Every structure is written in structure tokens, then in C-alpha cells.
Asker: 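Structure with colchicine attached for reference.
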Amino acid sequence: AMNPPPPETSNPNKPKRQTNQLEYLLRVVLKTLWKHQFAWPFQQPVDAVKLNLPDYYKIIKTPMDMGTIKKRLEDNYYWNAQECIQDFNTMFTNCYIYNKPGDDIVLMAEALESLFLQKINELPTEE
Ligand SMILES: COc1cc2c(c(OC)c1OC)-c1ccc(OC)c(=O)cc1[C@@H](NC(C)=O)CC2
């Protein structure tokens, strides 16, 4: 039924950086994933209330989604690119854990992960 508070996206106590790698993650990596036909389930936190999933947040204790990642990039939440890459991986891994191979949702996540891994590959050298 109830949703947990979303992952943190604002914290003036957390140190942050604006870097070319983080700029790339927003302007190239998130932009490309966001517009994908399979993005929609990943654009906001899993809504246990709306989707009637009483068990989701019992199984998934570190939830993540592109809506949260988007806020984090736009509001300069991160110290480094690795932090952001970890959020994407957490999001994919959550999906694989909660669901089973060959589920539509898993196929959709797998397709997004493929685009992601490719963009991550051309990540600029840090300045
Ligand atoms: C009643 O409708 C929906 C209900 C759910 C989901 C969903 O998006 C595909 C829905 O469509 C709006 C769903 C959503 C997101 C997930 O993670 C991003 C997930 O792991 C898992 C899911 C769903 N599990 C699947 C698709 O096997 C269960 C909850």
C-alpha cells in the first residue's frame, strides 16, 4: 500500500561537484535513456499504492529510478560519475531481482541497460 519516502535528492550537507563526466551523464546518457520507448516504468519511483504491490518494498530495500537520477543530476547531488552509474545499476538490478527473466519489464530494463552500457563506454576522460 504505502510508499516509502523517495531516495534523497537534495542535501546541503552532502558535498558535490559539477564535472564533465557528470555533465555527460545528464546531457547524453540520461537524455537518451529518458526518451526511449521502454523508459516509462523507470521514469519515477515504483508506486506500490497505484500499482498494488504490497511486497515490492519488502524485497527492494535500495530503490532507484530515472526520475530520481534526473533530479540528482539536475540538482547537482553527486560528487562523482561513479555515484550516478551506481544509481543506474541499482535501478536495473532491482528490476532483475524483483521480477523474472523474460518478463516484459525485464526485457525493457535489459534494452535500456544496453543503451546505457554503450554510452558509459564513451564516457569522457575526467578533466
Ligand atoms: C498495474 O500496472 C503495472 C503494475 C506493475 C508494473 C507496471 O509497469 C510495467 C505496471 O504498469 C503500469 C511494474 C512496474 C515497475 C517495475 O520497476 C521499474 C517493476 O519491477 C514491476 C512491475 C510489475 N511487474 C511486472 C511487469 O512483471 C508489477 C507492478
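Numbering of chain A is taken from the PDB entry, so the residues present carry the numbers 42-168, in order. The deposited model was determined using X-ray crystallography, 1.9 Å. Below, all heavy atoms of this structure are taken into account, side chains as well, without hydrogens, waters or symmetry copies. Both ligands and their constituent atoms are indexed starting at 1 by order of listing.
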Asker: Point out every copy of colchicine in the model.
Answerer: ligand 1
Asker: Which macromolecule in this structure makes the most heavy-atom contacts with colchicine (ligand 1), going by the name UniProt uses?
Answerer: Bromodomain-containing protein 4
Asker: Which residues are in the binding site of colchicine (ligand 1), using 4.0 Å as the heavy-atom cut-off?
Answerer: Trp81, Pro82, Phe83, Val87, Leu92, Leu94, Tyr97, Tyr139, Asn140, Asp144, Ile146
Asker: Where, in terms of UniProt domains, do most residues of chain A that contact colchicine (ligand 1) sit?
Answerer: Bromo 1
Asker: Going by the atom numbers of colchicine (ligand 1), which of them fall below 4.0 Å from some non-hydrogen atom of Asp144?
Answerer: 27 (O)
Asker: What does the PDB entry report as the organism for chain A?
Answerer: Homo sapiens
Asker: Taking 4.0 angstrom as the limit and counting only heavy atoms of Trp81, give me the atoms of colchicine (ligand 1) inside it, by number and element.
Answerer: 8 (O), 9 (C), 11 (O), 12 (C)
Asker: Check each atom of colchicine (ligand 1) against the heavy atoms of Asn140 and keep those under 4.0 Å away; list them by number with element.
Answerer: 19 (C), 20 (O), 21 (C), 24 (N), 25 (C), 27 (O)
Asker: Hey, which atoms in colchicine (ligand 1) end up nearer than 4.0 Å to a heavy atom of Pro82?
Answerer: 18 (C)
Asker: Under 4.0 Å from any heavy atom of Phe83, which atoms of colchicine (ligand 1) are there?
Answerer: 18 (C)
Asker: If the cut-off is 4.0 Å to any non-hydrogen atom of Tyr139, which atoms of colchicine (ligand 1) fall inside it?
Answerer: 20 (O)
Asker: Under 3.5 Å, N/O to N/O: give me all the pairs between colchicine (ligand 1) and the protein, one per line with atom names and distance.
Answerer:
{"from": "colchicine (ligand 1)", "atom 1": "20 (O)", "to": "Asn140", "atom 2": "ND2", "distance (Å)": "2.9"}
{"from": "colchicine (ligand 1)", "atom 1": "24 (N)", "to": "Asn140", "atom 2": "OD1", "distance (Å)": "3.3"}
{"from": "colchicine (ligand 1)", "atom 1": "27 (O)", "to": "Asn140", "atom 2": "OD1", "distance (Å)": "3.3"}

